[PDB]
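What follows is a deposited structure in which one can find naproxen.
Just so we're on the same page: letters track the sequence lines, and every chain starts at 1. Atoms considered below: every heavy atom in the structure, side chains included; atoms not considered: hydrogens, waters and symmetry mates. Whatever order the structure lists ligands and atoms in, that order sets their numbers, starting from 1.
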Amino acid sequence: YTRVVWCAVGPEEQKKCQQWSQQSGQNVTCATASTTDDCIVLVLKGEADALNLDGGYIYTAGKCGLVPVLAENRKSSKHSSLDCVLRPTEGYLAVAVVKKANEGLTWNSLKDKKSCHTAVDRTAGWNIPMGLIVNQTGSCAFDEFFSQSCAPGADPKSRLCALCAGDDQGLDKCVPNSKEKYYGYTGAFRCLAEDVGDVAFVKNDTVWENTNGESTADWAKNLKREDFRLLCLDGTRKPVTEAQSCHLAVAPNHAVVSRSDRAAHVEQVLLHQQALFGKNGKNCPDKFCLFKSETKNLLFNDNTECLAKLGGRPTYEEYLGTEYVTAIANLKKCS
Amino acid sequence: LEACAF
Ligand SMILES: *[C@@H]1O[C@H](CO)[C@@H](O[C@@H]2O[C@H](CO)[C@@H](O)[C@H](O)[C@H]2NC(C)=O)[C@H](O)[C@H]1NC(C)=O
Ligand SMILES: *[C@@H]1O[C@H](CO)[C@@H](O[C@@H]2O[C@H](CO)[C@@H](O)[C@H](O)[C@H]2NC(C)=O)[C@H](O)[C@H]1NC(C)=O
Ligand SMILES: COc1ccc2cc([C@H](C)C(=O)O)ccc2c1
Ligand SMILES: *[C@@H]1O[C@H](CO)[C@@H](O)[C@H](O)[C@H]1NC(C)=O
Ligand SMILES: [Fe+3]
Ligand SMILES: [Zn+2]
Ligand SMILES: [Zn+2]
């Protein structure tokens, strides 16, 4: 058999990957790059085999020929006798979150406010809200809609990076990896929690997992769910219990991609690795947990219960869905 | 809506 080479985005992911590699007896080894796009390039060169991707990045990877292998499956909402690995994925709800105290703010008054995004090119942080905003404004000048933002991966001198904070030292402002304080789901929610932004584009789970003691992280440990509201597309504001009726979109779950020629090997190795290190895995929590990283969603989202098999051997367009692919394509016409 | 971006 062959070893599988995972691609870690940034140094925190690299550290977790190295622990995984050690624990797996080098069945998995690590390549690292500074951004998700550069990891996608390492895979296209054959210098890494695989990584797990948000759906917007799956679109970039899929245009370049890489294929989905296994998808994240989180805790099911409904009763299922199906094993996690065989359960169909349900998608997650992209939402726009504001502070309840910022009382005039709705979907229809977002112009010139400050925004927090997971990163450019990700589903809930970018493709869904900016695709909606382009469409509703009739303008491609989405870089002039919010007065200032943190949108990791944008030009660091531009308004879209003005709120990003970089690392402990203030280096790497706006880089699209976990070194940037406001990167990703939890970074973008922290950007709103600290009132750096007026609105965060994240998903429903983010708000629940970082409030009401669900996180003990310093910035999160005192946040209360009732101090947030979701913005609905009809201009109303709801409590964060109502995400099923006040979301922007339903997103396809993050998923592992690989070259087509290494997908079956990558699949087999991952099914075995999650049996050792997954939720209830033989060696988790004793030795290593693949789907934990103290809330920082490194390599995989912390709320992943397993990686699940895909039905229909889907192409990337099948896995993302036609409507979403079409939405991304429309937005990318602007740049 | 066609080629690889790299
Ligand atoms: C929004 O996200 C939260 C967090 O994932 C969901 O609440 C969890 O739901 C699972 C499955 O019902 C429960 O077993 C967990 O205990 C919940 N977690 C927490 C921290 O409360 C919630 O269901 C999601 N809302 C919608 C509409 O999907
Ligand atoms: C932004 O608007 C475009 C143009 O209306 C939307 O693209 C259409 O999507 C529908 C539903 O999937 C398709 O039947 C049409 O073929 C698409 N039109 C074109 C011209 O490509 C797009 O979905 C909208 N973006 C968002 C995020 O809602
Ligand atoms: C009608 O078009 C689709 C196709 C596939 C889908 C998959 C999913 C889940 C969440 C997934 O791809 O992980 C959700 C919605 C979808 C709509
Ligand atoms: C390493 O992989 C080989 C081949 O599948 C297998 O025999 C062994 O159990 C694997 N071990 C770990 C610890 O991942
Ligand atoms: Fe995502
Ligand atoms: Zn809906
Ligand atoms: Zn098919």
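All instances of naproxen together account for ligand 3. Taking the chain with most contacts, the partner of naproxen here is, per the PDB entry, Lactotransferrin.
By chain letter, the other chains having a heavy atom closer than 4.0 Å to naproxen are A. The residues of other chains having a heavy atom under 4.0 Å from naproxen are listed as A:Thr89, A:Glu90, A:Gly91, A:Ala251, A:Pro252, A:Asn253, A:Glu318, A:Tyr319, A:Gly321. Taking a cut-off of under 4.0 Å to the non-hydrogen atoms of A:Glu318, the atoms of naproxen that pass are 4 (C), 5 (C). Numbered from 1 in the order shown, with element, the atoms of naproxen that lie under 4.0 Å from a heavy atom of A:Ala251 read 10 (C). Lab note: most residues of chain A in contact with naproxen fall in UniProt domain Transferrin-like 2.
Here is the list of naproxen atoms found below 4.0 Å of a heavy atom in A:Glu90: 10 (C). Listed in the PDB entry as the source organism of chain A is Bos taurus.
Atoms of naproxen found under 4.0 Å from any heavy atom of A:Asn253, numbered from 1 in the order shown, are 10 (C), 11 (C), 13 (O). With a cut-off of 4.0 Å around naproxen, no other ligands or ions are picked up.
Protein heavy atom at the shortest distance from atom 3 (C) of naproxen is A:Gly321 CA, 3.9 Å.
Taking only nitrogen or oxygen atoms, main chain and side chain alike, A:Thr322 does not reach within less than 3.5 Å of naproxen. Among all protein heavy atoms, the one lying closest to atom 7 (C) of naproxen is A:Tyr319 O, 3.8 Å. For naproxen and A:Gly91, the ligand atoms under 4.0 Å from any heavy atom of the residue are 10 (C). Every atom of naproxen with a heavy atom of A:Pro252 under 4.0 Å away is listed here by number and element: 10 (C), 11 (C), 12 (O), 13 (O). The nearest heavy-atom contact from the protein to atom 16 (C) of naproxen is A:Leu320 O, 4.9 Å. Within the 4.0 Å cut-off (strictly below), a protein heavy atom is located near atom 10 (C) of naproxen. Protein heavy atom closest to atom 13 (O) of naproxen, with residue, atom name and distance, is A:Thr89 OG1, 2.8 Å.
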